[PDB]
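A look at one PDB structure holding R 77975.
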Amino acid sequence: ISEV
Amino acid sequence: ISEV
Amino acid sequence: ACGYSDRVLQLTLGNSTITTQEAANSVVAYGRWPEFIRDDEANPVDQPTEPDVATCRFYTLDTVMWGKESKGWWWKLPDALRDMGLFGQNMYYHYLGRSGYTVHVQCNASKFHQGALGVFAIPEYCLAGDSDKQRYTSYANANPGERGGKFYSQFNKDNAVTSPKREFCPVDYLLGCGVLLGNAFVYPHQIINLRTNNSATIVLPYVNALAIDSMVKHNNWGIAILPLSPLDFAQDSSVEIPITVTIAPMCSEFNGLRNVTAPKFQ
Amino acid sequence: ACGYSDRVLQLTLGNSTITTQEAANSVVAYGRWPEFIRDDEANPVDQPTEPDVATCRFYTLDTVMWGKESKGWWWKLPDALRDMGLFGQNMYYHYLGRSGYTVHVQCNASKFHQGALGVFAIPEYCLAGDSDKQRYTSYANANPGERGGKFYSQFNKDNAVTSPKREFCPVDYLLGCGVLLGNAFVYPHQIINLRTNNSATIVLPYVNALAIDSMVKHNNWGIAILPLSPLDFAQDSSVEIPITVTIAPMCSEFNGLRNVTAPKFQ
Amino acid sequence: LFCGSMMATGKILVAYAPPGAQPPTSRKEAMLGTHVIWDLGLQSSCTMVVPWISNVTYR
Amino acid sequence: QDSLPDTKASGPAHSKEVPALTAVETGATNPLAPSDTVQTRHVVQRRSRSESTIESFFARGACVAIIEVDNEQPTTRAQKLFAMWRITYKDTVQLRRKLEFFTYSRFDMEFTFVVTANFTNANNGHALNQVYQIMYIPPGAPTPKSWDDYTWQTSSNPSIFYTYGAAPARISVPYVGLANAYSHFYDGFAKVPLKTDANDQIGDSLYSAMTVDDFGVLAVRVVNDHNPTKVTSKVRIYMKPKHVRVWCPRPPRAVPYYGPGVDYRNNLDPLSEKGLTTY
Amino acid sequence: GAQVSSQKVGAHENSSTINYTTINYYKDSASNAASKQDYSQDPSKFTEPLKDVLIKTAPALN
Amino acid sequence: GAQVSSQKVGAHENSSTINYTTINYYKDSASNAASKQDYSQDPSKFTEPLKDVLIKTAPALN
Ligand SMILES: CCOC(=O)c1ccc(OCCC2CCN(c3ccc(C)nn3)CC2)cc1
Ligand SMILES: *C(=O)CCCCCCCCCCCCC
Ligand SMILES: *C(=O)CCCCCCCCCCCCC
């Protein structure tokens with residue numbers, strides 16, 4: 001995933 | 001995820 | 001210790017002091033004491049005016065007489081105070097103004113008199129009108145100032161289409177607004193039961209959907225005083241006692257100064 | 001650095017801003033900036049009112065026209081401001097009031113016009129009267145408010161004993177008070193020399209023998225504007241330019257609140 | 001912006017009155033509200049900021 | 001865990017504590033329980049107030065409007081080829097009464113559109129499936145004069161394109177109020193009459209009314225060109241408040257509504273007749 | 001970014017904490033469903049707006 | 001390959017950072033929805049295209  |  | 005009581009109060013604001021030897025504790029409307037607009041809730045950017053002791057003091061309105069036929073009285077705030085010394089001036093010289101209040105209602109009698117006054121503080125007190133016409137009550141008739149208004153026992157419709165009175169028709173058991181009086185207790189209130197107390201003291205915060213608004217275009221609080229139980233004395237059928245309303249502005253602040261507003265109350 | 005100047009000023013008080021591109025620095029009367037009454041110089045014990053931005057702002061008085069025959073103009077303070085918005089209200093609703101001021105006097109023309117205005121700020125400006133009668137000038141005539149008064153070139157005595165005018169007779173070279181005008185420079189002043197500057201800015205402290213006094217009974221400062229050198233232009237014998245006086249209250253504080261004072265200016 | 005000749009001088013009052021009262025018909029009334037006194041000179045132009053003073057959060 | 005307070009085993013009393021006595025004049029309600037006036041047992045309470053939360057109370061789609069729109073041959077007279085509706089919860093009475101239990105509210109709004117249609121005339125042939133265009137016109141934006149004019153180009157206004165037979169159309173709207181809360185009641189005016197006014201109509205206003213167009217309109221049309229035979233249709237609008245917060249409680253409307261304000265006209269007799277000593 | 005929480009089980013099948021999963025598909029929070037896990041508060045501001053709030057066993061008016 | 005980010009919550013339900021999830025299904029970036037997390041910039045290139053940009057309190061023309 002990629003959490004900002 | 002986020003488990004409450 | 002010493003001998004203090006729930007029934008003996010002193011209210012001191014500015015150069016004014018009220019003493020009561022027979023009160024029924026005091027209500028702080030919705031649990032909130034009056035306060036100033038915080039920087040994180042602020043909206044007009046201009047530096048406000050805060051007149052403190054010159055506007056936040058006890059103004060006593062003209063006395064009304066309670067008698068056996070009395071149906072009820074009502075005032076709007078800030079309207080009731082529009083002509084009260086430096087408060088009224090600050091109110092009309094600025095576009096914006098907020099205020100909290102201490103309402104102190106006065107009614108004394110004797111151990112042999114009888115009756116119960118319902119003192120009600122209502123947020124956004126919208127009243128019903130005259131006519132077939134909806135939302136037709138005029139600014140001049142909506143705002144009686146110090147004089148206040150009265151309730152009626154039934155709906156007598158303003159019949160003359162040609163030259164309409166454009167007034168309110170406040171029916172007592174409908175709280176003048178389409179709901180039942182017995183439920184008005186969900187609103188901040190006290191009862192002046194003549195065997196128990198001479199007075200009622202309700203402290204009011206500024207309540208509104210905005211931090212500040214036009215005091216000249218809009219009333220925030222309404223004061224409704226309806227006799228829950230009628231005035232009675234000995235056997236004298238035309239008994240009559242005075243009800244005196246004393247109000248003080250609290251944490252008053254003003255924004256948007258310019259030339260004075262002169263409304264037409266004619 | 002950057003390019004700043006003695007002649008280019010910005011005065012900002014409350015919601016009011018003045019800009020001048022041709023000033024002559026600015027005078028602070030007697031070296032003292034306006035201030036509030038200190039606890040160790042205090043005398044009325046009641047909590048004061050301090051209206052801040054609603055009273056301490058720039059009020060522009062009615063413009064006067066300077067012309068070839070103009071002998072002089074004079075105003076008194078606080079009198080000049082008695083009807084200026086919330087300041088006047090605070091002044092008349094309280095027994096006691098103190099104030100400092102920024103006086104900004106305006107007179108512009110052209111590189112081809114000529115003349116010099118003497119702008120004088122005087123403590124306790126007592127003027128001379130009409131008559132044979134001593135100290136007979138009436139409150140109504142002593143106080144012209146915003147309109148101010150004028151100077152005269154010679155003493156024409158009010159002759160009619162029967163119905164006396166009870167007015168002042170201010171003779172220009174005697175500063176209207178029995179002394180010579182050339183010495184008025186011992187008082188806080190500036191000169192509007194038309195080849196040098198459009199304006200004069202005098203800042204004034206509260207000066208008095210008391211910390212605070214009755215503003216309605218007593219003027220603290222007097223503003224005298226006498227043409228030291230007459231207005232002249234090209235060769236047009238009836239030249240005429242506007243002189244505009246703009247004044248702001250400073251560090252205003254009020255004591256002894258009660259009902260409003262309504263003086264008789266009739 | 002003053003677009004007059006350099007030899008022309010003048011002082012102007014420009015104002016903003018927040019809503020609710022009589023719209024100003026006289027300098028005397030305009031004086032009382034937010035205002036700038038512009039003096040004409042080498043700096044050709046004057047800016048008056050109309051400050052956000054309002055009851056609602058968005059007009 | 002969200003259950004209510006357990007009941008306490010309480011016993012006999014002989015004391016100078018008198019909780020049964022109070023004074024309602026003070027403005028307060030006595031915080032009593034059975035254990036103060038009677039002997040109680042210990043009950044472990046499992047009951048909860050989960051359905052009466054402000055959210056659960058409003059969590060239901062309520063009908064607030066029926067917009068009637070036709071698709072027929074554009075003739076030269078008054079027709080319903082397109083319709084407009086001022087958005088409001090006040091045309092209906094049911095949701096209006098629930099939201100009016102409170103003075104102020106703040107929420108997001110969900111709109112669900114049930115479209116239904118039918119044949120008007122016994123028979124002129126039939127119609128192919130109709131597509132509906134619901135355009136939101138916020139105050140200021142140009143209102144359509146014609147069913148196929150340029151405003152329907154909708155370059156910046158939100159529009160819904162619904163196809164008959166499909167699952168009902170649905171969208172969400174944020175808290176769009178000009179204030180920190182929607183006012184369900186406004187004790188005021190939008191204009192004030194000044195002494196200096198020319199006529200006395202200049203400063204005249206409707207009592208309790210705020211903005212003229214308040215939130216704008218929904219414009220509806222059949223995007224289809226007209227069939228020979230006419231099709232009448234109804235767009236039913238369901239409204240549901242979500243992520244709800246409410247302030248200052250008010251008494252429920254006890255007499256029938258008479259317009260947008262609090263005005264009453266008739267049926268001012270809400271209560272039944274029942275004898276004082278009759279059960 | 002999946003959100004997981006316990007259901008409050010009413011009628012239990014003959015089979016203990018049962019969970020449900022939630023995921024937001026939209027950037028604008030207005031687009032979200034209702035969480036319905038709502039906390040409560042005291043009646044007090046309404047049932048006792050008093051400056052001196054008194055104990056139920058002591059005289060209301062002293 | 002799931003993308004997770006914080007929603008800017010406007011009207012808060014009575015229940016704090018709430019997130020939403022995004023996944024791209026297509027190879028061609030043109031096929032993607034709009035991220036709408038857009039950064040801003042100065043008016044300057046337009047409001048002050050000056051070679052000597054001056055301080056607002058100093059004379060504009062010196
Ligand atoms: C002042 C009393 O009224 C209300 O409190 C109240 C009444 C209506 C409310 O709805 C929000 C206003 C509008 C804003 C946007 N809107 C939209 C927007 C897009 C579409 C396709 N359809 N409808 C329709 C509703 C919200 C509050
Ligand atoms: C956090 O949500 C990461 C885990 C995502 C698991 C797969 C979800 C598949 C559905 C993605 C929904 C995209 C909606 C715009
Ligand atoms: C990164 O995305 C890995 C996690 C994927 C979780 C399951 C997603 C299920 C949907 C896959 C979409 C395929 C689209 C072409």
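Protein chains get the first letters and strands the later ones, always in sequence-line order, with residue 1 at the start of each. Every number for a ligand or one of its atoms is a count from 1 in the order of the listing. A restricted portion of the entry is shown here, and the contact count covers that portion and nothing more.
One finds R 77975 in this structure at ligand 1. In this entry, more contacts with R 77975 (ligand 1) come from one chain than from any other, and UniProt calls that chain Capsid protein VP1.
Other chains making heavy-atom contacts shorter than 4.0 Å with R 77975 (ligand 1): F. Counting heavy atoms under 4.0 Å, the binding site of R 77975 (ligand 1) comprises F/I87, F/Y89, F/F111, F/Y136, F/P158, F/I171, F/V173, F/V176, F/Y182, F/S183, F/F215, F/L218. In this entry, the organism cited as the source of chain F is Poliovirus type 3 (strains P3/LEON/37 AND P3/LEON 12A[1]B).
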